[PDB]
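Labels below follow one simple rule: chain letters A, B, ... track the order of the sequence lines, proteins then strands, and each chain is numbered from 1. One-based numbering, in listed order, for ligands and for the atoms of each. The figures here come from the full heavy-atom set of this structure, side chains too, leaving out hydrogens, waters and symmetry mates. Part of the entry, not all of it, is on display, and contacts are counted within that displayed part.
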Amino acid sequence: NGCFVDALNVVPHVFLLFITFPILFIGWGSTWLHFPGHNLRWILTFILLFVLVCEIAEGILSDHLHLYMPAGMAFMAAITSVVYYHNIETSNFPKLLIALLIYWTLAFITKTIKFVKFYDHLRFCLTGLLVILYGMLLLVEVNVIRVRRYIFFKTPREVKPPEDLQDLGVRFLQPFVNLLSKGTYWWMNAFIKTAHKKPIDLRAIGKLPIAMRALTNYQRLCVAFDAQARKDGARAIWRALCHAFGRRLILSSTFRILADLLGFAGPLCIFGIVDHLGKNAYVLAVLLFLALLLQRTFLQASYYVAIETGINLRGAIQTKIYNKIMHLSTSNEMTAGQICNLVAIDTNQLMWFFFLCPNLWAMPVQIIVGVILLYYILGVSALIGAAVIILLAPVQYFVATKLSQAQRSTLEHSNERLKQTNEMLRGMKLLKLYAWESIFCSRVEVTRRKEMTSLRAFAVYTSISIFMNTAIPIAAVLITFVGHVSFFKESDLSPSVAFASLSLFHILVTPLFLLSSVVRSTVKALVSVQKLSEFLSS
Amino acid sequence: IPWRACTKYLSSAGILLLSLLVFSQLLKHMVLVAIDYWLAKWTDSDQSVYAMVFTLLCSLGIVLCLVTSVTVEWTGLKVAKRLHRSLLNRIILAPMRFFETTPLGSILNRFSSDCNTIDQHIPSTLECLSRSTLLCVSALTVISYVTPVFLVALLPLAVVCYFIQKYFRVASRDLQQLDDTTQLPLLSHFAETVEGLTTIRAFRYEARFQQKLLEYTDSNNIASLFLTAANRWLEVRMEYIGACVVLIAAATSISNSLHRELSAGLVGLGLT
Amino acid sequence: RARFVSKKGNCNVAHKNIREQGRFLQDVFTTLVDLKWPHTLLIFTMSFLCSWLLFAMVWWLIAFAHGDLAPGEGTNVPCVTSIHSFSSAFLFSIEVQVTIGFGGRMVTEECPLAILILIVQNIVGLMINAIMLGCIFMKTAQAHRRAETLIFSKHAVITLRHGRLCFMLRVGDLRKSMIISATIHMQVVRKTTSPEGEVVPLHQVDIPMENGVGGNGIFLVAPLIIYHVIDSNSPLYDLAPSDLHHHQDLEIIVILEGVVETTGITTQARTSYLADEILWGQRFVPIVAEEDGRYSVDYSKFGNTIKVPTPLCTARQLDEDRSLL
Amino acid sequence: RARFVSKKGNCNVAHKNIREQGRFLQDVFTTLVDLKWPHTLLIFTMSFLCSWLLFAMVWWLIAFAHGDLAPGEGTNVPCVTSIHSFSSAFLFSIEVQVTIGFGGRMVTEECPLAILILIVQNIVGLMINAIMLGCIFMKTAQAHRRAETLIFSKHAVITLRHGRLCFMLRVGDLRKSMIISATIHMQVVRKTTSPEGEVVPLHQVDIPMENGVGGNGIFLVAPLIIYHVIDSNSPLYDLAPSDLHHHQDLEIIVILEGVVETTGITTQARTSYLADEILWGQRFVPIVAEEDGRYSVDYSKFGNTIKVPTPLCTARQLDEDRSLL
Ligand SMILES: COc1ccc(Cl)cc1C(=O)NCCc1ccc(S(=O)(=O)NC(=O)NC2CCCCC2)cc1
Ligand SMILES: Nc1ncnc2c1ncn2[C@@H]1O[C@H](COP(=O)(O)OP(=O)(O)OP(O)(O)=S)[C@@H](O)[C@H]1O
Ligand SMILES: Nc1ncnc2c1ncn2[C@@H]1O[C@H](COP(=O)(O)OP(=O)(O)OP(O)(O)=S)[C@@H](O)[C@H]1O
């Protein structure tokens, strides 16, 4: 009785979609309360979305409406569960939660019946995954009733919605929104729309949450520094920062590596589609859509978490070196300029290095996956190509260094020019009282030519950089395709192979440039933290 | 900012290099698309002649790229030269009361930075903007030529981007300047503490000054934080649309170019 | 500048940081009886369609499960005679639910499970019909529209009556139907600082309406100018006539309450007059006129105003001059 | 210690030895319209099922008695065509009672006794349907939930305003919907002994709410601190500031009444403040603030309080010091 069990599954989705509509329509016609398992709930709901897409794929492969309707109904049921949970996060209730719990139990029952009747005789894996996800969501609901007040004894002892991010006027609410908007930044729609009309200012801007201030980051950093110095330096301050900023940085890094994996994965499903049509493809197309959106979302969340950790670190070490400025001795002009450079360039170097920290962990796995993937698509010839692109990364670094050198020289000349100007724009009446102005303008132009001369070499290096940027992508394909077919084995190169190689070439060219800047930033940050340690410990 | 500032900037270069830049860029992008267009016909299988034509296109691409880069360099340097000389000459012939009326900071500041800023960043950023816009137009034309109907589906979404453009800039500029402001009194404050350090440690006013510095660093962080939040916003939304377009392109390519057109060299270019 | 309550009678002050404990939905039907008509009609049709589709699904399933859905001749009688597909099942659901009872498809005495589904279908149908009638009727006692028909003059003037400064404002009725026992609560708001250093952002204070021996309420047949006399005890007594037009921030609101005749509900109306709306030293034009055998009221001159040569001075200084004259 | 009426607004005093003369049930529907929703829904389904089963039994019996129940072909026509067993009879009862009218089983013009049973079945059905709709609607005018949405600050403070001791308490609204003509009855209770040797266990006395020229009622838009001034005539005027916190037993309750707009019913809210809840010499933080173009109200500071350097002394001794200063 397969159709019978399909209908029995369709029923509970219908029940929930029908109870949701009155409440959703009343709610559709400023305190955020969060419950334990919220983030777990949303993660599991996205996994449900994915498995439901797979079920729809199965239903397309089989076709019999009644045989693939359960997926189309669970889709709206999960979306309506999301709508319910949004309506509960906005206003708390003990009853709406039970309204979810009933549906979870009934869906679990139906899935169990499906599993048994299948065992007695692709479907198996999808049904099992759905069973596990619904069970975990059930356990989450049981946790929620165990926490505060589903039925439990009389009073919830309810939390008293968090005043950190919800009390008196604050505008940057990142930690206090729905875990979907924590990814897609939906809370910025209101800000940006209001910003279009009225000019933004510090009165129109928010105030930083208690989660990120000078005091909070200073407290964590000084606690780590204390726990490290009680066990007694450059390595000490380093490990102190490391243990103080902890989980956020590694979380960003792992977001980043998972995104890198899915990005390396995209072109392979492109390849599969191209193969299938030349000789099971709509599924690959929708999977490509899903993988693109998820990969890019994870990449962006990674960027943001890293940036926020860096801003925390900047605030912390800034207020720390200001605290040190109070206890220093008078015997230690040049030190003042060194101090204000220690805040204007050294701290910015530290913070931008902390921006680029997760990229330094995620780059090697990216190039490794890239080379191993392209080898299995183009064979030995791939290796040759895989060399050329990689060879651009060290060369780039060299080029960059030359730029820096040039920059230094140019800056010198520029400074001198400014001096020869500051006089003329002060002795104005003196200058024009006898018209010696052209005589000084000749000298000013004499300086300018030297400045121009430096700029030629700088722009030549810039031109070489821009040239290599788009030359290596062309050269890779040239020396690879010409060196694959007409050189090695005369193997018939299907369109899939060539186009997958093209995609991977771009997906590998994009990260390669960043490794050079990462290396420069890392060495400069190491030097700047040595400097900060030498200063902070005088 | 209107097209008049850029018009004057490029007219200071002259008619000699304007077209030499623009047409060379157009031709480089046309070569960069045509190489893949010919590779599409290369795929299905005169393999040797095919590979030789591929080599010819690959050489044309790199030669044209070098030419374009040298053009941008030479033009930027000439423009900087002429602009500086004209600024100096026009400042020389001003009346005395003008010099007495205008503060020294503004007159000196333009030469100090504007000149420096332009020389350091205008050529590279202009080159990058041109390459980006032409690559985007080329990619749209490619995915249109591959699947005709897909073209008619992509013009709606692109119009969406227009609405995403305005609302961004009118804020992204604003926040930007705010950042600059919260950076200026902070550093200066630091310096004030260093010189008059004995007076401040004598008055025992350390607590109030530490309070002021926490206030200033908070005012800096809120700005530098909203700026990265807005950049993330624009990034994610533009990316969601860039994924919608590839979804629709693949969905049209699998059916139109296989069921009816039955041409396999097309879907490759479009998907890639 | 910011207004306290708008002219139309709606409240301006936007609320922030409401610790929602859920009472906003806990008022389940006293919430939606507030709504507009399109939303309430939408949610009523959605209630009805939701219930109908729920029971149509369960009936489809029960006819499928009994096997009566499998088309077969003999050896059975369907629990519901003449049922073939989902469509006819939904037709049966709407046939029994909303109590039309077509009877082309007959539920039979062979299956007691169908008896149970019917005996719950009908009672839930009747309960949801009962609430969806009571709440729409509780709605049609929305008489705020009768709060719309009342009107006040756009600006209020002050005058000198009986040797004392007075303020005059108009009201009036717009239909034949009277309003029972209407009462006037006339209030003034101002950012006030106490002698104890306490500053309030807004300070409501009652200014009396001056009728016979006492009384808070009035009788509305024709447009009646409400007549108060500010005295040294009154809170408004201290201001100046040249400082009101531009700078000062003084909202004088009036709240007229009363129960309409036919429905019996108690409605009210609220309006504000700003410091820039009110003016000084004028007099309204007489509306009522002895016509042919009745009193004609002309609402064209309702907001009309004539100049009157009255002395212009502050009520404090005017009281000091009354002490001098 | 024992409280008079609880914070939630419910009454605490438990009644003992009520000479029930039966009026508790004599209010038959004004009793059950008070009940919760599950009990009222239970008793409504039990009313309906009771009546349906009663008439299904009598119909089963009448079809049995006529002999039409005995399956036979010819020489008869059943009073109700196509009736076989009890189940189909109960199906006929629910078919005619709740007015679905399936018509598979036809009552015929051969037996007038069936006509009588139908003509009483339908009228009793209609009457019990009429009451079971009117009472559920009379229920959906439960607006006590609107008595739930009102809020008072947890504790009340006293201050010195205008050179005289004052007590300040907050109130406020929680929805857009206004409450018409709300009035304040502010009462104090205390175990009192008269000079005649009479001791009362509890003694309610009115303490006035001090508004303009008079008036018992107020106007609620934004949170308005209610402002009374205790004077030598007031009953609360005799206590001491150090004896209130721990020992004395003084409940100060406030009863705010008012009719909600949309339903028109008159609701109220009741709250108590104990001698240990109230405190001395403080000031609330200003809630209302001039925002962008409106007035923003922040309910986070609703219960917030700041210290104020005010003299601490008894109102009797403070009045004696005012006589001295
Ligand atoms: C160029 O992209 C990348 C592409 C790929 C990879 Cl594997 C890494 C990066 C990358 O950049 N590495 C992460 C670190 C990073 C730094 C800057 C930016 S950002 O977007 O340019 N800037 C902002 O978000 N906010 C700025 C931050 C400075 C204060 C003012 C606001 C975004 C991220
Ligand atoms: N314990 C009680 N509980 C409730 N109601 C009561 C109670 N006692 C009396 N009543 C009613 O309320 C009124 C109070 O009057 P009472 O104290 O009973 O004096 P009474 O003269 O004895 O009157 P009775 O008891 O009816 S002969 C009476 O009219 C009773 O009807
Ligand atoms: N921000 C708010 N919005 C709406 N209602 C509130 C808010 N804060 C409190 N309430 C309710 O109204 C009353 C005001 O008392 P409060 O200012 O909260 O003092 P409280 O002692 O902290 O009481 P709580 O918050 O319930 S422990 C409380 O009993 C709350 O139930």
Which listed candidate (ivabradine, glibenclamide, momelotinib) is the molecule at ligand 1?
glibenclamide
Name the main binding partner of glibenclamide here according to the PDB entry.
ATP-binding cassette sub-family C member 8 isoform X2
Neighbouring chains of glibenclamide, heavy-atom cut-off 4.0 Å
A, B
